[PDB]
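Note: structure shows tislelizumab engaged with Programmed cell death protein 1.
The chains carry the letters A, B, and so on, in the order of their sequence lines. Using the numbering of the PDB entry, the residues shown for chain A are 33-87, 94-128, 133-145, in order. Chain B uses the PDB entry numbers throughout; the residues present, in order, are 1-213. Residue numbering for chain C follows the PDB entry, covering 1-131, 140-220 in order. Recorded method is X-ray crystallography, 3.3 Å.
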Amino acid sequence: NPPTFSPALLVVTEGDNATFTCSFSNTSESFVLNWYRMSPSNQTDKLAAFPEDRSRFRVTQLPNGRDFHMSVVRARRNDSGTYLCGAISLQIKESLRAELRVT
Amino acid sequence: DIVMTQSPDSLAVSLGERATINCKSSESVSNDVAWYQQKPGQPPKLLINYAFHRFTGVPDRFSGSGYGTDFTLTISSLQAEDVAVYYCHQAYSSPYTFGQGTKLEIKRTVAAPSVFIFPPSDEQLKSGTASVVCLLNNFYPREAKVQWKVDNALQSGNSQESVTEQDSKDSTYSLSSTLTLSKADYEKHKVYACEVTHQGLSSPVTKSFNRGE
Amino acid sequence: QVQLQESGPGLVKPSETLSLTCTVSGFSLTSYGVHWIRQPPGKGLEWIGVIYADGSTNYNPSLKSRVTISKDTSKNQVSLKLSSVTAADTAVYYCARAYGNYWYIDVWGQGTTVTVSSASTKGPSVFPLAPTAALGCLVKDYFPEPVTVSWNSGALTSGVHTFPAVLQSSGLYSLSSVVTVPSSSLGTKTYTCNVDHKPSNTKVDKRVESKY
């Protein structure tokens, strides 16, 4: 069972927030999910991860424990691209991709 | 300074078999670890980023794993072009140290060396020294004895051997012995031979060549 | 394309400062980080430092107070300066691009071998190795390293075997490059080696066919 990444398409304007929802909760509950931006030539570019890998892309967990809000604060026009949320079981599972548009 | 320690210093699995490489960090470098492949002479090449995702244009036979201080690089079916050194790299905190590399070499059947001998060119002969080269090509294993004979006189202390790394096409090696002599001495003798002793040769092969003809 | 072309002097006198450069092409130099890496003879990779898009740098604690990494954005170049050089700095320096918000080294440079020595440069002598069949070229008595030989401008990769250089009793280096080709092409196809010795600006295209 892989993670989810909704909505499939997210059209926001230039300046406001943009938030996706990565729904994932495995059979072990010992997981660390990443938030990568896929390049036009299939070369992921990690943005953030939960728990916050300390070393504008927010990652907050909801009370249900299965949904995670991945937010792009003050979405710039260059942020339009492909995004996905991976999941690592302590093994990796990539969620379905999704598009992000910024008018 | 986080210490990246690759456990299998030298790995020599057979052709087409699984081949994994471990790289353990002395501290939490949790998922900012990249793998690199490097061949003799050429610069490094990236294979895995973030320890799981494989780079674009990278064969599917490559896989990565690990989230704490336990990282691994796996090759489903080892290919001849996979012979190289594999370095891991941490990007968690400074000084973003690297590993020490794991030499990945192919194991195969025994092969006899194709021997070739070359006389010195009239260009070098016009400068005093004269170099004669013997060429052991596409053989296995690496251990191979080469002998030098000039007018049936066993040469010693004047040659220099050089061996290539594991070939990336048929997983073989190559050796080149270079006997360096002065022109006066090169013109004072006539028969120059190169005797090659090897595991794949029941009797040592010899390559004779006489000056002039 | 995405590239990193390094260039520097082949020789460096002891106690002097080594100057290097990494001319970039392909990506916005003000949007990616360049990391310098060292590779001592017969050893692994060692990180020298970084330079981000803002213009701030992080250096290796063991190399600090001697390293200087700057960049000329109006020239797309990254410079590396190593003062009070010793014999330990002799290595192959590599500049590399950093990709991602949580960066990783994706593209690497071609490399630049630095030989910290007092002895001057020495151009190599290219002699033929005229004769499946074999042929080659002999690169002898050069200093310092390296010598990068190719065949037919790189189009002839099959059956090429460039041996590692060997130190000589005189103190110079020497290597031999060979090629295995079929006898049916010995007459029709042209085989030439390209010996490039950067420390002395010596390029040598050599035709090797036969003798009588």
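The location of tislelizumab, copies and all, is chains B and C. Most residues contacting tislelizumab (chains B and C) in chain A map to the UniProt domain Ig-like V-type.
The chain of tislelizumab (chains B and C) that leads in heavy-atom pairs below 4.5 Å with chain A is chain B.
As stated in the entry, the source of chain A is Homo sapiens. Using non-hydrogen atoms closer than 4.5 Å, the residues of chain A in contact with tislelizumab (chains B and C) are: A:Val64, A:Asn66, A:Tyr68, A:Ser71, A:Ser73, A:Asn74, A:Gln75, A:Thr76, A:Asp77, A:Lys78, A:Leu79, A:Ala80, A:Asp85, A:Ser87, A:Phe95, A:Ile126, A:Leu128, A:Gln133, A:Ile134.
A heavy-atom cut-off of 4.5 Å gives a paratope of tislelizumab (chains B and C) towards chain A made up of B:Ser30, B:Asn31, B:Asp32, B:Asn49, B:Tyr50, B:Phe52, B:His53, B:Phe55, B:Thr56, B:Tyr67, B:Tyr92, C:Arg97, C:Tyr99, C:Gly100, C:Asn101, C:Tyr102, C:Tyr104.
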